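Remarks on the structure that follows.
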Amino acid sequence: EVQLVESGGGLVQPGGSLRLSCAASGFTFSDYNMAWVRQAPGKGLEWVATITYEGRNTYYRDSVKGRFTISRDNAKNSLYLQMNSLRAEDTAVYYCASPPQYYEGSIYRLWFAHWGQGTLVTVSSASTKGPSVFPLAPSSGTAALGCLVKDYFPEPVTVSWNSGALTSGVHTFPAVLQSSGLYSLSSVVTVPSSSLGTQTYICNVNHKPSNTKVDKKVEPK
Amino acid sequence: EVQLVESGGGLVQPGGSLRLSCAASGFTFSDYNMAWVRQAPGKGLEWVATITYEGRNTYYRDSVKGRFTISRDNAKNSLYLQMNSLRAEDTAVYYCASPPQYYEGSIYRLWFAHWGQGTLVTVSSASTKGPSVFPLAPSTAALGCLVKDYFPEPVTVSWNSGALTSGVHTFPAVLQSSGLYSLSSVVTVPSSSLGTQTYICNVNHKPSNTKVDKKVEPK
Amino acid sequence: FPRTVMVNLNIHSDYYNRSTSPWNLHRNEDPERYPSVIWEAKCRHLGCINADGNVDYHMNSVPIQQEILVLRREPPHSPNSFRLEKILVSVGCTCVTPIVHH
Amino acid sequence: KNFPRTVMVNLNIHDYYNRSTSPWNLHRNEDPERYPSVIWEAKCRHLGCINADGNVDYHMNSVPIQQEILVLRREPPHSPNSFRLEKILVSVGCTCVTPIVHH
Amino acid sequence: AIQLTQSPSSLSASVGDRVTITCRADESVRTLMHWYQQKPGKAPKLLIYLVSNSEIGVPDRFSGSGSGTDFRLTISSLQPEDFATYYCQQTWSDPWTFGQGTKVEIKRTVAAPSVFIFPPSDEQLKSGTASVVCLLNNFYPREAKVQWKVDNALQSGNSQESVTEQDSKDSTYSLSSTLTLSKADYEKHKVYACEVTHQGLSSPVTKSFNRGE
Amino acid sequence: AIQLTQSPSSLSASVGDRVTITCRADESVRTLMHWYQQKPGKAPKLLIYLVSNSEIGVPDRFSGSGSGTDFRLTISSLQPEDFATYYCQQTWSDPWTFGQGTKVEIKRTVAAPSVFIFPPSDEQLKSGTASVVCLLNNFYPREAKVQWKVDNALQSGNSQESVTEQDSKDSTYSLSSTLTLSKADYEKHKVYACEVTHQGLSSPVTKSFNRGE
Ligand SMILES: [Zn+2]
Ligand SMILES: [Zn+2]
Ligand SMILES: [Zn+2]
Ligand SMILES: [Zn+2]
Ligand SMILES: [Zn+2]
Ligand SMILES: [Zn+2]
């Protein structure tokens, strides 16, 4: 399997700098041209930059020319995107994409047969704030319970249940930007009523931008 | 491995009849068109007849039309050539040939990817005669067998039942003024193994059912 | 000379029609083999399909043959003992230009 | 399935890629944990197909012909006599296809 | 430079329907047109390359057709998991461009929501704010009305809604409505209720609690 | 109907030479031209199909080229085993026809024959005929002179020669000369000799025997 893993996305002040990295595996990285594609929140896909198999040639989207630098270290099987003079238009999820392995890597006009998971870059002058996790306790067939993750910045917040053991019936809602300028979301799960005082339900909230990790036990009051 | 094995070739009087057969193996015989190709002694290859995969269509060389019939038995994986009103032009080695297996058998214009060993048909009014086998005794030493006065061709010669192949020379038969053939088969062996190793030539003339195993010893 | 090993057998498109050198897959079944079923390609024509949909005899369809490994029952009908065998199979067809030069 | 089926196997066995309208190159794939250790994988040379005048025709496409093959993977790692049967996809060559321009 | 226009920008179709998305380029891209499928909160996946070729693993129901300026992606028989945004992309000339995307939603039978109410935790109340959550669980269609009533007085401008993306199995939505009040305003009143109006409900459903019970 | 003409009808080349055989058709066969190799006393083997394609197992040194009416088979570096007759064949139209063939012989360094003489067996003499055999073994070139002398009298019209086909390893020939006399004529003389004259011999070699010794 081909695997592309990105890191480096975070909150960066306007005019600042951030470096994206993409670790590649499952193919001869040095044989293929690599690219960065971005997607602004709620918008379409947009090609950003391309670098040839041995870094001798680079190509950029007009809006990022002179501000971004695409680089690669074939020995470490990794692709980089140095972003400078960051603006609002640069807030997006950035993906690293690879060409198909069954075509010669000398063909420039190849499509993106493999993409990374994506790393979010948020360009804002607002400050980082960790979330406050509160239980959404069930009341006295099927019962519902959850976690309210309030007042955090920037996105994202990941929520799992019982360390990933509980996946069936989980609904983690999209975050809402409150009038305060901070984000908030709820994550719920429907469980059988018979297992209320028997099974323990714990939500695991992780907000990597503020290094916040909370494991909240949700019990009926 | 594709294998095509022919039989039936022999001496046949002019105006007579003979049926040739080709046993096929190593492929789905019923999927391919089959053909007979012949070669007159000392001449080139000449296509004779073609039959389609399920025997529904047959094609023939102008000179054999009406005299020859190509047939097949897909259940027995065999091809046949019924030859009638035989003439001098029909004396030839007959090969059965099959198409390549990596192409659809519905393609008529395919080449011959596999061929049988060949079966000799001799059209002659002369009579069958078995050969006499005499030793060619040594005096590196050379020894052999003289296979004299036979008809028709061919004669096969092996040494020590095929165990001795190195240094063997089996000469082409010569047609003597008598109308009979004759040939010699020789082998060069080390002089040290003369009174130690036994050398026997195995002569087989299938047209007369003659099989002779002659021991060649120094006198 | 015999090198016997253990093998755990529990393992963890429309090109044939759109190709200029099209082909058909034929089922090859053998109960004394692993895999029992192998699909072998046979070229449909000697020429290649041109832009107008007809057969062009100035180009040729030729099979793409690969060597593959198969397991042959040894002794016959054995469910747990095999001999590794390499066979040649046709995977599909490609279109080639004949050499018309020195 | 859900049960290991182990068998014995005796391992002692008893240039169109250039003239093709969809040409290709074979690349060596070497894996010490596999039998066969070397597999030659084809990579198409172009997106189009070579036309009668020798140029690339972008109205037709070169596409890889991929086949599933069996391989033996060392189990445990570095074992010389024990393997697990694995099915991998490989590119054998390239063919030239017409794009669908219909309905 | 080469502009790609997809049509439609969104569509809704039942399971089993034949769906068609077009992509038109302002200049010819010959065969260098590709399609991608992007599921919510996931990276795009390559579906079709070079007009009509599916990558191994892509179901037979997806097929691509076209030439030069007009291209089409067809899903012969729509499945619940086909909920996604589809993008076309040309690689014929620099810069490589994408279409604006086509969002594909599934049309389904009507399902009534399961309504749940949650009072604010005592831990949150200690910080000075009260958040009351109303959950509408696994319903269809997405259109639903939630009204908050504090002692039978209808609230306005003090709540926020959040909707999940359509489930890839049963094609349903889930919604959370959150009423945010100050701790002082929360302690003033007793009955907190959420009235849900939906196509699947014969009469609106009210889930409520008494503050301190 | 379609006539194929090969050129040349025979040729001799040294090991390592590039050999070229042409085949001309009187009407176009497009690419339905094939080549076969036939070794002495063996069935033909397919070498090339459809102008230029070698079958698996055919050495790289064999290549085919051509179009319409002019075709060529080339052996880039002749090897001793390439001794054979090569035939072209067209399958474009009925009836399928072959070229007349091209015999390929190997040019080699001079090798002198080893000469052996064999008296007639007593078993043959009992039947009334005597056959005296002279063997010339593993020599090159094929041109050799054998003269039979009985008590020094040169014989004529009473012997027959037979030559093997060129060896596929060392490219040599072997020859048998057989002197046939009646038993009565055989018993009239004492010395039976065969005098061999060949390019590889400094002086002619005579092998002889005395009858009944
Ligand atoms: Zn039938
Ligand atoms: Zn057809
Ligand atoms: Zn043409
Ligand atoms: Zn090229
Ligand atoms: Zn074109
Ligand atoms: Zn009140």
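Numbers restart at 1 for each chain; the letters A, B, ... are given by sequence-line order, proteins then strands. Side-chain atoms are counted along with the backbone in the values below, which use heavy atoms only and exclude waters and symmetry mates.
Among all chains, the one with more heavy-atom contacts to chains A and E than any other is, according to UniProt, Interleukin-17A. The compound at chains A and E, a drug or drug candidate, is named bimekizumab. Other chains having non-hydrogen atoms less than 4.5 Å from bimekizumab (chains A and E): C, D. The epitope recognised by bimekizumab (chains A and E) on chain D, using heavy atoms under 4.5 Å, is D/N25, D/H27, D/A42, D/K43, D/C44, D/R45, D/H46, D/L47, D/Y58, D/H59, D/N61, D/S62, D/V63, D/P64, D/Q66, D/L89, D/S91, D/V97, D/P99, D/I100, D/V101, D/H102, D/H103.
Paratope (bimekizumab (chains A and E) toward chain D, heavy atoms within 4.5 Å) - residues A/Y32, A/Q101, A/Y102, A/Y103, A/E104, A/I107, A/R109, A/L110, A/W111, E/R30, E/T31, E/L32, E/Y49, E/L50, E/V51, E/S52, E/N53, E/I56, E/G64, E/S65, E/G66, E/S67, E/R72, E/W92. The PDB entry identifies the source organism of chain D as Homo sapiens.
Per the entry, the name for chain A comes out as Bimekizumab Fab heavy-chain.
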